[PDB]
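Carbonic anhydrase, alpha type in complex with acetazolamide.
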Amino acid sequence: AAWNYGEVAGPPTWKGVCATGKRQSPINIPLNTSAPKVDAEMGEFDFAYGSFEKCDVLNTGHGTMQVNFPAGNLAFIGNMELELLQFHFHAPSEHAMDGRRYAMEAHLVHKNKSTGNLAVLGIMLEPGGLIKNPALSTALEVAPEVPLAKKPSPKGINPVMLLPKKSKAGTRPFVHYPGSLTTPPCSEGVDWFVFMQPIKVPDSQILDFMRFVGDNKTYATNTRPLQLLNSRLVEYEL
Amino acid sequence: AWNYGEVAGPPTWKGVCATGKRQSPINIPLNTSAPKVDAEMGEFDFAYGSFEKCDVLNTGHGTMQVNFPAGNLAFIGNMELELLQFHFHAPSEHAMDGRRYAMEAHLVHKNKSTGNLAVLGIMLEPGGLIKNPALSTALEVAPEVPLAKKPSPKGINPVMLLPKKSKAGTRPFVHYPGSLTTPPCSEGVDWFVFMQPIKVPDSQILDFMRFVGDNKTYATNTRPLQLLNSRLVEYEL
Ligand SMILES: CC(=O)Nc1nnc(S(N)(=O)=O)s1
Ligand SMILES: CC(=O)Nc1nnc(S(N)(=O)=O)s1
Ligand SMILES: O=P([O-])(O)O
Ligand SMILES: O=P([O-])(O)O
Ligand SMILES: O=P([O-])(O)O
Ligand SMILES: O=P([O-])(O)O
Ligand SMILES: [Zn+2]
Ligand SMILES: [Zn+2]
């Protein structure tokens with residue numbers, strides 16, 4: 001006969017824009033493509049994440065924990081101003097780079113003060129890290145095991161720590177594209193910025209997270225399959 | 001109200017897979033308020049070679065599969081089990097008081113007394129500071145092409161996939177009648193599950209999850225827990 005373990009059963013049954021939209025996330029992000037690449041001409045991100053003491057850690061009942069920030073944490077790119085709302089994680093990564101996913105993907109979700117949209121910053125987490133990632137760590141420690149339950153972090157959580165390090169040219173290369181939320185209702189009009197430089201992380205933390213995703217009784221994943229690019233193009237700021 | 005869910009594959013599996021009342025894996029109650037019936041079976045005695053020349057196969061269903069020659073014998077309850085092959089599942093397929101471990105190793109045997117299959121399950125825990133060399137070689141030698149096999153250059157010591165003897169010289173375990181955990185999910189299999197996990201490095205658990213994801217993602221290859229039904233788990237603690 002013919003059989004597999006297959007993928008998680010839920011995502012191909014999500015309704016509304018999840019099924020109908022044509023600007024859905026995530027997507028494959030070509031790198032080693034011969035195909036020529038539209039430059040984003042947006043310049044480089046600058047971060048003003050200061051108001052990061054006093055955080056809530058929330059158990060979404062959807063695998064990941066969610067760190068909620070108070071107003072005042074700002075990032076700038078192009079002329080646009082981005083106010084940080086929350087961050088969370090996916091394992092394995094949601095976006096892919098030439099077909100290949102990573103151990104985790106961090107999602108920093110912002111209100112886009114300039115467009116009225118949301119903007120999601122996306123960072124790849126790789127295994128190999130010698131230092132625990134402090135933001136990830138605290139998110140792991142504080143996160144209520146009871147689902148739906150949220151409780152305030154006693155430690156401060158610096159979300160800049162989820163950003164890749166600057167290159168040997170001042171930059172943090174990224175791709176930009178219009179897409180959606182990767183969970184229901186998958187609303188569109190989200191600006192996606194996926195950085196190309198992964199951050200290394202001790203394997204303990206990746207297993208700790210997949211453990212959290214598995215209700216602390218197994219190891220599990222919380223990722224959506226890749227979606228068609230369709231009419232879009234991806235903008236590179238390499 | 002929406003979710004990611006469990007993998008979509010196993011609930012569709014047909015045959016005995018879907019109809020059997022004696023299926024694996026199951027939950028192994030330890031700290032329960034129910035009486036534990038002792039298996040009274042004695043302890044395992046292992047005579048496994050230390051540097052076996054093995055074929056490593058890519059099952060094309062997640063795990064690689066290490067095949068052995070004859071000579072690797074496990075003795076229990078006055079029976080002779082011979083090792084056919086090992087492979088892995090991530091997370092563990094058995095649970096223990098509801099909880100699964102990072103991986104489970106399955107050492108499959110032919111009961112030479114009976115001719116029926118027996119499987120030994122060992123939990124693999126993260127935390128380990130020492131690379132387990134059997135899992136290591138199995139990851140290294142595993143052919144990339146599905147259903148292909150390649151002989152290993154290095155010997156494999158399958159005893160490395162078994163837990164150390166305790167302070168009292170035991171390797172406590174549980175015994176129950178079950179099935180293959182993959183189609184045809186044939187029943188009549190004797191399951192022995194060791195209570196003591198082995199620590200392996202987090203690197204290797206991830207390597208394995210990577211293999212299951214065919215080097216492009218991180219996946220699992222575990223069947224969901226089954227109902228004990230009318231069955232009894234017997235204990236050798
Ligand atoms: C209010 C809000 O931020 N909702 C989100 N839903 N999904 C997100 S994701 N995984 O696509 O970044 S963010
Ligand atoms: C021939 C044979 O042994 N087939 C098996 N299929 N699944 C196995 S498991 N995971 O239940 O040990 S063994
Ligand atoms: O090889 P590592 O990146 O899993 O330590
Ligand atoms: O050879 P063993 O069964 O004592 O390890
Ligand atoms: O069978 P033994 O020699 O390991 O006790
Ligand atoms: O190193 P640990 O935290 O995975 O046991
Ligand atoms: Zn997300
Ligand atoms: Zn198995």
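Letters A, B, ... mirror the listed sequences (proteins, then strands); counts begin at 1. Both counts, for ligands and for their atoms, begin at 1 and track the order of listing. Recorded method is X-ray crystallography, 2.6 Å.
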Which ligand numbers or chain letters correspond to acetazolamide, including copies? ligands 1 and 2
Please list, by chain letter, the other chains with any heavy atom under 4.0 Å from acetazolamide (ligand 1). A
Just heavy atoms, cut-off under 4.0 Å: does A:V109 contact acetazolamide (ligand 1) by side chain, backbone, both, or neither? side chain
Provide the number and name of each other ligand or ion under 4.0 Å from acetazolamide (ligand 1). ligand 7 (zinc ion)
Under a 4.0 angstrom heavy-atom cut-off, which atoms of acetazolamide (ligand 1) come close to A:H90? 10 (N)
Going by the closest heavy atom to atom 2 (C) of acetazolamide (ligand 1), which one wins out of A:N222, A:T183, A:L85, A:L118? A:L118
Identify the protein heavy atom lying closest to atom 11 (O) of acetazolamide (ligand 1), giving its residue, its atom name and the separation to 0.1 Å. A:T182 N, 2.6 Å
Nearest heavy atom to atom 12 (O) of acetazolamide (ligand 1): which of A:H110, A:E94, A:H88 does it belong to? A:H88
Out of A:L108, A:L181, A:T223, A:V190, who gets a non-hydrogen atom closest to atom 8 (C) of acetazolamide (ligand 1)? A:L181
Heavy-atom contacts of acetazolamide (ligand 1) within 4.0 Å: A:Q86, A:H88, A:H90, A:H107, A:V109, A:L118, A:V120, A:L181, A:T182, A:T183, A:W192
